[PDB]
Amino acid sequence: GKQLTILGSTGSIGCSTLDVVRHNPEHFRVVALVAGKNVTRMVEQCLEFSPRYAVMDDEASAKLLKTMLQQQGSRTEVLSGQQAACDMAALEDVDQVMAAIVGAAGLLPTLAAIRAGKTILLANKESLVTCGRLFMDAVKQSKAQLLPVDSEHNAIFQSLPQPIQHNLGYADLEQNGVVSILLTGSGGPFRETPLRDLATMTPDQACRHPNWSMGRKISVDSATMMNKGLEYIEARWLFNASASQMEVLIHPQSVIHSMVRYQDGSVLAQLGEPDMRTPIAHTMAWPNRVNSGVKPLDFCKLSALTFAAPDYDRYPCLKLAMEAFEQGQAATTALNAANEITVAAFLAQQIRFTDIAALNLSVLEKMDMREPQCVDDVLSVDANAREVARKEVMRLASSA
Amino acid sequence: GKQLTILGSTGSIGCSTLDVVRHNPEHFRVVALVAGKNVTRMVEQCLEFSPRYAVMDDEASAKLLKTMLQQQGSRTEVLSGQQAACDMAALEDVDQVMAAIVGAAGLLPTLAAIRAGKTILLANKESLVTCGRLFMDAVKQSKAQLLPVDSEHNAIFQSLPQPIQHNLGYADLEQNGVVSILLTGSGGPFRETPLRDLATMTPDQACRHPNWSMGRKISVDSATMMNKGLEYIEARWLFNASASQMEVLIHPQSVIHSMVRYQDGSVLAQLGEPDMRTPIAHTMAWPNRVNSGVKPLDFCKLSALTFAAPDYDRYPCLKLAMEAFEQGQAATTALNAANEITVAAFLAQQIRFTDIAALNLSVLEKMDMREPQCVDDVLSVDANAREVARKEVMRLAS
Ligand SMILES: NC(=O)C1=CN([C@@H]2O[C@H](COP(=O)(O)OP(=O)(O)OC[C@H]3O[C@@H](n4cnc5c(N)ncnc54)[C@H](OP(=O)(O)O)[C@@H]3O)[C@@H](O)[C@H]2O)C=CC1
Ligand SMILES: NC(=O)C1=CN([C@@H]2O[C@H](COP(=O)(O)OP(=O)(O)OC[C@H]3O[C@@H](n4cnc5c(N)ncnc54)[C@H](OP(=O)(O)O)[C@@H]3O)[C@@H](O)[C@H]2O)C=CC1
Ligand SMILES: O=CN(O)CCCP(=O)(O)O
Ligand SMILES: O=CN(O)CCCP(=O)(O)O
Ligand SMILES: [Mg+2]
Ligand SMILES: [Mg+2]
C-alpha cells in the first residue's frame with residue numbers, strides 16, 4: 001500500500017487521482033489532502049478516504065472544515081496555511097505526493113516534497129516553467145523521483161528507456177540511444193484560419209476545443225500554442241534535452257500524446273483517450289500498472305491521424321517560449337506570468353487574440369533579466385512581470 | 001563488442017544484419033557466417049567481415065567457396081552441412097545468433113543456439129509456428145534470451161515492460177499490466193477489392209505492395225493475411241498471450257508496426273520506416289541502441305493513419321490460423337506447410353488466388369494428425385501436409 005499526500009485534492013486532477021484510488025483501495029492509502037477554499041469537496045473526500053490530515057490554505061476555509069468534519073464524526077485533523085501544506089508533502093511515512101496545486105502557490109509545497117526525497121507525481125507546470133533549473137538541481141541532490149502527470153510529458157516518459165526514467169533530467173539522451181523528444185499538440189481551433197483573421201477571433205472562438213475539456217485559460221493557451229511552448233520549456237529541463245533534441249509536431253486528433261525518436265530509427269509513442277486518469281494511474285502504479293476506469297481506445301472509431309510542422313507566424317507564442325528558454329529562468333518565468341495576464345485580458349475582451357503574443361513579447365523585452373537563485377527570487381520575477389504586463393494591457397485598452 | 005553467428009547470412013535479413021554491423025564495427029564481431037548455396041554473396045561477406053568460419057549447406061558450394069576464398073587469400077575456415085551449422089550456433093565465444101535460415105532448415109540450428117543459451121535474434125517463422133511449445137520450453141530450460149526480429153513482434157517487444165522482455169514467454173501479462181497485444185498489418189493489395197473479384201486476381205496483382213521489400217511468397221501471404229495469421233500464432237507463444245489477449249488490426253499505411261494495450265488505458269506503439277535494419281539493430285543492441293542506417297521517419301510526409309477490423313470473409317486464412325492454433329502444433333505446422341504449397345501453386349498459375357485459403361482449409365480437414373513431441377515429429381507432419389496439398393493442387397488443376 002503506497003502512502004500518498006494529495007496537493008490540490010479538490011481540483012480536477014485531484015478528484016481524478018482520487019478516482020484511481022477508489023478503483024484500487026488495497027493499493028493506495030490517502031494520508032493527507034491539501035486544498036484552497038473548496039471546503040465542500042474536501043469534506044466529501046475526507047469522509048470517504050479517512051485521511052490522517054487535511055489542510056486548507058485559507059484560514060477561514062480551514063475553520064469551517066475544522067468543525068464541519070468534527071460534527072460529521074470525522075477524525076481527520078484539520079490544519080491551515082502554506083507551512084502546513086509543505087509539511088504534508090514532507091510527511092515521513094508518505095511515499096508519493098500528487099503535486100496538483102497550480103501557480104506560484106504549490107511551488108514551495110512541491111519543493112518540500114523534492115527535498116524530502118519523495119516520489120513526485122508532477123501535475124503542475126509552474127515548477128519546471130519557472131524553476132526548471134532550481135527544481136532539477138534539487139531533485140538530483142535529494143534523489144527524488146519525478147513522474148510527470150501531464151499527458152505529453154507522461155507519454156514521453158512511458159516512451160523512454162528505463163535508465164532515463166530512473167535518472168530523469170540527469171541521464172544523457174544520446175548515450176541512451178535517444179535522438180529526440182517529439183512533443184505533440186492539437187494546434188488549436190485556428191489551425192486552418194487565415195493569418196489575417198486571427199486578430200479578430202473572439203474568446204468563445206478561442207476556447208472552442210474537441211479533445212480535452214479544459215478551462216478557458218488553457219484552451220486559449222492551446223490556440224496560441226503557448227501551452228506547447230510551456231511544455232517545451234518543461235521537457236528540456238525534465239528530460240535533459242538540447243534544442244536539437246526537441247521536435248514540436250501538430251497532431252490534430254490528439255490520439256498520440258507524444259513520442260521519442262531513437263537511434264535505430266524506432267519511434268516509440270503512447271496513445272490513449274483524453275482522460276487524465278490514465279497518466280495519473282501510470283505514475284501512481286509505476287513501474288507497474290493499475291486499472292484507472294478509463295475505457296480502452298477503440299482504433300476502429302478514430303479520425304485519420306495526421307501531423308504537421310507548426311508555423312511560427314501562426315503560433316508566435318510557441319517560438320517565444322523557445323527563445324525564452326535560452327534566456328534563462330527569469331525569461332521563462334516572466335513569459336509565463338505575462339501570459340497569465342494577457343490571456344485573462346483577452347478573455348475579458350480588453351485586447352485582441354493577437355495582442356497576447358504581442359504583449360507577451362513586449363513584457364519580455366522590458367524585463368531586466370537576473371537569474372533567480374531560489375523560489376523567492378522566482379516569485380519576485382513573477383510579480384514584476386505580472387505588473388509590467390498589466391500596464392501594457394491598460395496602456396493598450398486606454399489610448400495606445 | 002558482441003560476437004555473433006549469422007544463420008542465413010546471404011539472405012535479405014542476413015545482408016541487412018551485416019549492414020548494421022558495417023555501421024558499428026567496434027560494437028560487433030562476425031565470428032561465423034552460415035548460408036546455403038549463394039557462394040558469390042558468401043565470398044564477399046567473408047572478405048569484408050573476416051569470420052573465423054564460413055558454412056555452406058551444400059558440400060559442393062562449400063568446396064567452391066573454399067577455392068574462391070583461397071584465390072582471394074582469405075584464411076576463413078570453410079565447413080559444410082547441418083551439423084556444422086549447428087556447431088556455429090553454439091560456439092562458446094559467441095553471444096548472439098541471428099536465426100535467419102528460412103524454413104525447416106532453420107529448425108535444428110536455431111534449437112542448437114537455444115540449447116547453448118545464446119541470445120537469439122529470432123528472424124524466422126518456422127520455429128514458433130511449428131515448434132511453439134517445444135522451442136518455448138527449450139528457451140525456459142537453457143534460459144536463453146529471445147529477441148524477435150520480425151517487425152511486428154519487435155514493435156510489440158519494444159512496447160512491453162521489462163519484466164516481460166526478460167522472461168519472454170513465461171512471465172504473466174495481466175500481472176504486468178498488459179491487457180492485450182495489438183498486432184497490425186496492412187491488409188494487402190486487395191483491402192478494398194470487391195469480394196467477387198478476388199477469385200480472378202493475378203499473381204502480379206497479388207504481389208503488388210508499396211509496403212516492405214518482400215519476396216513474392218510473402219507478398220501473397222500479405223494479400224491473404226496468412227502472414228498475419230502466422231504472426232498471430234507466434235505472438236501467442238512468444239508473449240504468453242491467450243486468444244482474448246490478442247487483437248488483430250488492419251493499418252494500411254504500416255507506419256505503426258504493432259502495439260500493446262495497458263490496464264490504465266495507455267497504448268504503447270513503435271513506429272518507423274519499412275526497413276528491417278531498424279528492428280534488427282534494436283535486437284542487436286538491446287537494451288541499448290545503435291545507428292542502423294535507416295533514415296528518420298518524417299511525420300510531415302505521411303499519409304493519414306487509419307485502422308480497421310479484419311473481415312474474415314475477405315481474409316479466411318487469418319481465421320484459419322487462429323483456429324489452427326487452438327488445435328495444436330500439428331495443425332499450425334500443417335497449415336504452414338500447406339500454405340507454402342498452395343501459394344507456390346498460385347504463383348505458377350495452377351490455382352486461383354481464392355483457392356489458397358480453400359485448399360489450406362481442405363488439407364487441415366483431411367489430416368488430423370497427433371500433437372508432435374519433437375523436431376522429427378513436426379518435420380513428419382510438414383512432409384505429410386505438403387503431399388496432401390500437392391494432391392489437392394493436382395486434382396484441382398486436372
Ligand atoms: N487539468 C489537467 O488535465 C492538467 C493540468 N496540469 C497542471 O496541473 C495544474 C492545475 O491542475 P488542475 O489541477 O486540474 O486544477 P484546479 O482544477 O485548478 O485545481 C487547483 C487545486 O489546488 C488547490 N490550490 C490552489 N491554490 C492553492 C494554495 N495556495 N494552497 C493549497 N492548495 C491550493 C485548490 O483547491 P481548492 O479548489 O480547494 O481551492 C485546488 O484543489 C497546473 O499546475 C496545470 O498547468 C498538467 C497536466 C494536465
Ligand atoms: N524479410 C523480413 O523483413 C523478415 C523475415 N522474417 C523471417 O526471416 C526468414 C527468412 O528471411 P530472409 O532472410 O530475408 O531470406 P532469404 O533472403 O530467403 O535468406 C535464407 C538464408 O538462409 C540460407 N539457407 C537456406 N537454407 C539453409 C540451410 N539448410 N542451411 C543453412 N543456410 C540455409 C541461405 O543462404 P543462401 O542463399 O546462401 O542459400 C540464405 O542466406 C524466414 O524465417 C521469414 O519468415 C521475419 C521477420 C521480418
Ligand atoms: O495535457 C494536455 N494537453 O496539453 C492538451 C491541451 C492542448 P493540446 O492538445 O494542443 O496539447
Ligand atoms: O515483418 C513485416 N511484415 O510482416 C510486413 C509485411 C506486410 P503485411 O503486414 O501487410 O503482411
Ligand atoms: Mg498538457
Ligand atoms: Mg512480419
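Proteins get letters first, then strands, A, B, ... in listed order; numbering begins at 1 in each. Each ligand, and each atom within it, is numbered from 1 in the order the structure gives.
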Indicate which of fluorouracil, alendronate, metronidazole, aminocaproic acid, fosmidomycin is present at ligand 3.
-> fosmidomycin
Which chain accounts for the largest share of heavy-atom contacts with fosmidomycin (ligand 3), under its name in the PDB entry?
-> 1-deoxy-D-xylulose 5-phosphate reductoisomerase
Heavy-atom neighbours of fosmidomycin (ligand 3), other chains, cut-off 4.0 Å = A
Entry source species for chain A = Escherichia coli str. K12 substr.
Which shown ligands and ions, other than fosmidomycin (ligand 3), have any atom nearer than 4.0 Å to that drug?
-> ligand 5 (magnesium ion)
Check if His209(A) has a non-hydrogen atom at a distance under 4.0 Å from any atom of fosmidomycin (ligand 3).
-> no
Is there a heavy atom of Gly187(A) sitting under 4.0 angstrom from any atom of fosmidomycin (ligand 3)?
-> yes
Please write down residue, atom name and distance for the protein heavy atom closest to atom 11 (O) of fosmidomycin (ligand 3).
-> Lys228(A) NZ, 2.6 Å
If you measure every N/O of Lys125(A) against every N/O of fosmidomycin (ligand 3), is any gap under 3.5 Å?
-> no
Nearest to atom 10 (O) of fosmidomycin (ligand 3), what protein heavy atom do you find, and at what distance?
-> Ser186(A) N, 2.7 Å
Within reach of fosmidomycin (ligand 3), part of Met225(A) (heavy-atom separation under 4.0 Å) | neither
Look at fosmidomycin (ligand 3) and say whether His257(A) reaches it with a heavy atom at a distance under 4.0 Å.
-> no
Protein heavy-atom partner closest to atom 5 (C) of fosmidomycin (ligand 3) - residue, atom, separation in Å | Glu152(A) OE2, 3.6 Å
Side chain, backbone, both or neither: the part of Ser254(A) lying under 4.0 Å from fosmidomycin (ligand 3) by heavy atom | side chain
Taking heavy atoms and a distance under 4.0 Å, where does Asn227(A) meet fosmidomycin (ligand 3): side chain, backbone, both or neither?
-> side chain
Name the UniProt Mn(2+)-binding residues of chain A with any heavy atom within 4.0 Å of fosmidomycin (ligand 3).
-> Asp150(A), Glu152(A), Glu231(A)
At a 4.0 Å cut-off, with the gap strictly under it, does some heavy atom of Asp150(A) reach an atom of fosmidomycin (ligand 3)?
-> yes
Taking only heavy atoms of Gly185(A) into account, list the atoms of fosmidomycin (ligand 3) that are under 4.0 Å away from them.
-> 10 (O), 11 (O)
Would you mind listing which atoms of fosmidomycin (ligand 3) come within a distance below 4.0 Å of any non-hydrogen atom of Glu231(A)?
-> 4 (O)
Numbering as shown, the atoms of fosmidomycin (ligand 3) that approach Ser151(A) to under 4.0 Å (heavy-atom distance) | 1 (O), 2 (C)
Among all protein heavy atoms, pick the one closest to atom 7 (C) of fosmidomycin (ligand 3) and tell me residue, atom and distance.
-> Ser222(A) OG, 3.3 Å
Point out the residues of chain A that UniProt assigns to NADPH binding and that have a heavy atom under 4.0 Å from fosmidomycin (ligand 3).
-> none
What residues, by chain and number, sit within 4.0 Å of fosmidomycin (ligand 3) when only non-hydrogen atoms are counted?
-> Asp150(A), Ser151(A), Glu152(A), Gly185(A), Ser186(A), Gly187(A), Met214(A), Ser222(A), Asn227(A), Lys228(A), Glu231(A), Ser254(A)
